[PDB]
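Figure: rilpivirine in its bound pose on Reverse transcriptase/ribonuclease H.
Every chain is numbered from 1 and lettered A, B, ... according to where its sequence line falls, protein lines coming before strand lines. Atoms within each ligand, like the ligands themselves, are counted from 1 in listed order.
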Amino acid sequence: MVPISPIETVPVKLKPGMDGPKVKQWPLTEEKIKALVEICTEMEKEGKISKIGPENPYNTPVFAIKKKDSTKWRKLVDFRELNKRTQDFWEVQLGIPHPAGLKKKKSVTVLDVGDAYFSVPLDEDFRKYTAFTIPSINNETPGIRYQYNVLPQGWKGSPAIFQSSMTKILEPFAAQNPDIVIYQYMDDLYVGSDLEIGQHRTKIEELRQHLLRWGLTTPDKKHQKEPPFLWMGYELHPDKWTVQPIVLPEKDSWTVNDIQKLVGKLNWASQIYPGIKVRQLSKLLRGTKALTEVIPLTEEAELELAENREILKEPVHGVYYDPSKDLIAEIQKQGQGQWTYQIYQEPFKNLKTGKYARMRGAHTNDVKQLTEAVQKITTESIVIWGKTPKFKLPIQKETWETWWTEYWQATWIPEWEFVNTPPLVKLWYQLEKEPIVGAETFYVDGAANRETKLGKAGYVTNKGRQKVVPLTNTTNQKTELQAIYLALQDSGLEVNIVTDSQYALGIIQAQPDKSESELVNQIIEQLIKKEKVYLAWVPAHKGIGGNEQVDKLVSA
Amino acid sequence: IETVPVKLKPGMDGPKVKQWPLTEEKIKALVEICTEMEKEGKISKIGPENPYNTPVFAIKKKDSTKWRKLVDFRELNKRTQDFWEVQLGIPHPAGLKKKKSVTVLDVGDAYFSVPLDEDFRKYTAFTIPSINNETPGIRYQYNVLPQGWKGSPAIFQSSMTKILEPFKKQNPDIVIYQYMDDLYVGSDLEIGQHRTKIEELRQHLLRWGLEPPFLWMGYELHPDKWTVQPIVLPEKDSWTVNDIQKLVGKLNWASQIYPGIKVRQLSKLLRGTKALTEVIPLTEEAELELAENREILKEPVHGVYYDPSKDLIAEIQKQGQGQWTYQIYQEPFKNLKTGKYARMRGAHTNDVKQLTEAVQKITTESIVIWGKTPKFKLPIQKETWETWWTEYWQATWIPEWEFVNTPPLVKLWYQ
Ligand SMILES: Cc1cc(/C=C/C#N)cc(C)c1Nc1ccnc(Nc2ccc(C#N)cc2)n1
Ligand SMILES: [Mg+2]
């Protein structure tokens with residue numbers, strides 16, 4: 001016989017202070033027992049399990065499950081209790097490749113490594129924790145006791161230990177053959193290359209020879225599976241990729257659960273189908289989690305669905321990554337906090353697409369949202385391709401310069417160019433840095449009684465213009481915004497406004513162009529119509545003239 | 001040659017921090033660095049029974065052509081036992097901040113000469129990711145004291161005092177302070193003599209070494225000339241209504257820091273409902289109050305003391321045109337240091353690079369003055385900071401930070 005290198009075992013421990021499982025074996029039918037005894041005799045003949053004596057105090061339940069539509073039984077060892085007690089492992093699939101970062105391949109062969117899948121040795125000191133018992137016929141003898149010698153399917157550590165063991169085996173082959181790629185998924189090896197199929201099939205044979213060094217045999221009759229591969233919800237082809245078919249159902253009535261399924265499919269589709277939208281369809285799941293409740297579809301959601309159906313009418317494919325070319329990312333504003341993007345290298349050949357949704361917040365503006373979309377695309381691109389794409393953005397260079405230079409926060413977006421495709425992101429207003437000569441000065445104030453919720457808002461100006469409005473169902477903060485609104489409404493095109501409201505100043509200094517508060521939205525609409533606005537803050541209750549006067553008027 | 005036993009704090013598992021996305025160039029750099037470190041025995045590959053992780057990346061230190069590995073041990077440092085087996089601490093040298101020149105040396109490579117306790121090594125696990133996760137990340141752990149871990153200078157301290165015993169008695173007026181991987185060396189000599197003694201010092205550790213990749217560098221500070229920012233009021237011949245409003249606003253703010261500040265007489269100049277741009281003559285009760293406030297503002301703040309048991313907090317404001325102001329404090333309105341920068345280099349079109357350089361300079365000042373790093377309140381969205389700061393980082397330590405999302409009114413007053 002040819003000596004084979006043994007696979008070093010991974011040392012395994014229970015979580016600190018825990019003992020192994022001691023779970024009672026369910027009684028089984030005479031029929032199931034005989035099936036389990038034969039199953040285990042074969043497994044024992046192959047070395048996967050060994051009989052043990054009654055010393056071992058651990059136990060895990062074993063079951064016999066009928067393969068649907070067959071006389072054959074199947075053995076199921078239920079490791080749920082041992083898994084709770086087994087240490088955590090390093091999981092290496094804490095991240096799956098995205099197809100858009102893959103490289104085009106001339107050939108991809110699949111090799112079956114199922115016979116190593118069930119042949120990696122288990123740490124000798126841990127085997128005792130895997131003990132199980134086949135019950136005896138009529139319970140008149142001791143059950144037959146076994147423990148595992150190899151990684152058991154369904155045990156918490158098996159996928160991580162199997163993958164780390166196969167990786168270690170493959171590492172020198174991959175290192176000395178940099179003209180191929182190897183990827184392990186379940187019990188298959190996928191080997192791709194750009195080699196002429198002769199050389200490619202040579203490497204495949206050399207890989208089979210390399211695997212034999214560990215006694216890992218691979219089937220001769222070449223694998224059933226060929227390109228295209230169905231994998232992780234995608235279709236992988238030699239030179240393009242797509243998501244598996246997305247078919248949106250027809251329904252007269254939509255439950256909560258159908259709406260969740262629909263949004264999930266749309267989100268999946270949005271990585272290659274450009275322009276997918278889900279805002280209005282997601283708005284219907286707001287708050288409620290009664291998974292069988294039927295919801296009427298707003299005209300808005302009906303329109304979104306219609307748009308999406310058109311986008312999904314015919315198949316769309318992505319191309320693979322060419323590392324010799326720049327990556328370009330183009331972003332469009334879609335409305336209602338929705339943004340969409342495409343990443344490509346050649347015009348009209350996307351690598352992938354995607355979308356970004358406005359964060360939940362009280363106030364916002366387009367420039368902040370575009371900025372966040374850029375950071376998210378940047379980070380996703382680092383993951384997929386290891387580099388930042390060049391951006392094509394619907395915002396003028398002068399607009400960005402004005403924004404970043406005057407914004408109170410530090411902010412930055414990487415190398416980008418203006419793309420003139422409406423709707424453009426713009427600054428809807430900018431406050432003055434200095435008081436305006438010749439513009440009327442409005443001293444504004446508001447106050448409310450917290451008990452009654454009654455209040456007043458108003459202003460007095462240097463021209464003697466004055467207004468006070470009585471208000472109901474209001475708060476101090478709302479009346480301070482109302483006062484600013486009244487000053488904007490009643491002034492000319494240029495105006496100086498003096499407030500003592502730290503709250504209003506905090507909002508306006510954030511430069512919103514849209515708010516959840518309809519009062520803030522009205523202020524924004526007034527600001528957009530002005531030519532010049534200077535907003536000045538003073539401390540309250542300091543006898544500041546004009547301020548003190550309207551404070552008395554409104555707090556009465 | 002023998003390992004000091006090290007433990008985590010009680011009821012505390014090892015770090016399990018997720019590796020952040022790395023660019024292709026940083027990955028390739030880390031693969032080269034770690035291949036060599038593994039050959040030299042400093043790190044070893046680990047298996048899946050080790051579930052711990054600490055992030056890693058790579059930097060190019062100030063003025064260099066070579067990548068440096070930087071492990072972000074912030075989480076492991078929080079979870080590692082405190083170190084007062086031999087030393088309750090190294091009482092921080094108050095003379096360091098008074099020297100005319102301080103040079104900062106990267107001496108972290110010396111730590112690679114001491115083995116790490118075999119039972120603690122697992123907690124130093126890290127991963128070199130692969131682009132698009134196409135191949136399994138390369139997993140390693142340290143066999144020797146790692147750079148950036150708080151235990152490393154502690155365990156190496158006995159070694160380090162012995163190496164510099166000669167240089168210290170030969171130069172008894174030089175202050176030497178070690179923080180993490182840095183050695184701070186302060187002299188009052190002229191900079192040419194200073195540079196010589198620094199190179200003198202480098203030779204001791206080259207000799208003891210028998211090669212350190214970044215020992216030859218020197219970051220030169222002159223804490224002698226470090227400037228502060230008292231509160232100052234405008235001196236004007238004509239005051240508009242707007243000017244006086246801003247003055248009363250600033251003085252009201254200052255009165256939270258300085259008790260005896262008054263605004264009553266200044267407020268009385270406002271009273272009418274006047275145009276903002278109208279010039280107001282100062283009455284004399286107002287001029288006197290203003291002069292009294294000016295003199296109050298020339299004195300130090302009352303009851304300001306440093307407490308080594310409390311965190312230092314650093315706040316930063318963007319002032320525009322490349323200018324940044326900052327304050328270091330432990331209690332609100334009790335500033336231990338204030339300051340202002342403008343020379344943010346190589347960043348006139350990049351706010352985030354400028355902020356990152358400010359953070360590093362403030363941290364350096366904090367280390368020199370108190371021997372610890374502050375917690376930053378950063379005027380930036382978390383997603384923007386987290387995407388970019390590692391591109392501009394050149395220090396071998398990393399402080400803690402949080403994010404300010406509401407605009408501070410007080411930015412005006414530090415301007
Ligand atoms: C991640 C991955 C999944 C599968 C397969 C999973 C399946 N199931 C197969 C392979 C070979 C890989 N690994 C890589 C790595 C780099 N480029 C590529 N390009 C590439 C891969 C597949 C096809 C196909 N045709 C075309 C190009 N694949
Ligand atoms: Mg008031």
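One finds rilpivirine in this model at ligand 1. Those other chains that come under 4.0 Å from rilpivirine, heavy atoms only, are A, B. The shortest contact between atom 11 (C) of rilpivirine and any protein heavy atom is with A/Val181 CG2, 3.8 Å.
By the criterion of a heavy-atom distance under 4.0 Å, the side chain of A/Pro97, and not its backbone, is placed next to rilpivirine. Atom 26 (C) of rilpivirine has its closest protein heavy atom at A/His237 O, 3.2 Å. Rilpivirine lies nowhere less than 4.0 angstrom from a heavy atom belonging to A/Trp241. Heavy-atom proximity to A/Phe229, at under 4.0 Å, picks out these atoms of rilpivirine: 7 (C), 8 (N), 24 (C). Distance from atom 16 (C) of rilpivirine to its nearest protein heavy atom, with residue and atom name: B/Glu134 OE1, 3.5 Å.
Looking at A/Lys103, A/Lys225, A/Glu235 and measuring to atom 20 (C) of rilpivirine, the nearest heavy atom belongs to A/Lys103. Considering backbone and side-chain atoms together, A/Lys104 places no N or O closer than 3.5 Å to any N or O of rilpivirine. When only non-hydrogen protein atoms are considered, atom 9 (C) of rilpivirine lies nearest to A/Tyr190 CB, 3.5 Å. The entry lists chain B as p51 RT. Ligand-side atoms of rilpivirine in range of A/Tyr183: 1 (C), 2 (C), 3 (C), 4 (C), 10 (C), 12 (C), 13 (N), range being under 4.0 angstrom from any heavy atom.
In terms of protein heavy-atom proximity, atom 21 (C) of rilpivirine is nearest to A/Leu102 CD1, 4.0 Å. The binding-site residues for rilpivirine (non-hydrogen atoms, 4.0 Å) are A/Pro97, A/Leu102, A/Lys103, A/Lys105, A/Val108, A/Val181, A/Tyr183, A/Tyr190, A/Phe229, A/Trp231, A/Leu236, A/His237, A/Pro238, A/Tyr320, B/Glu134.
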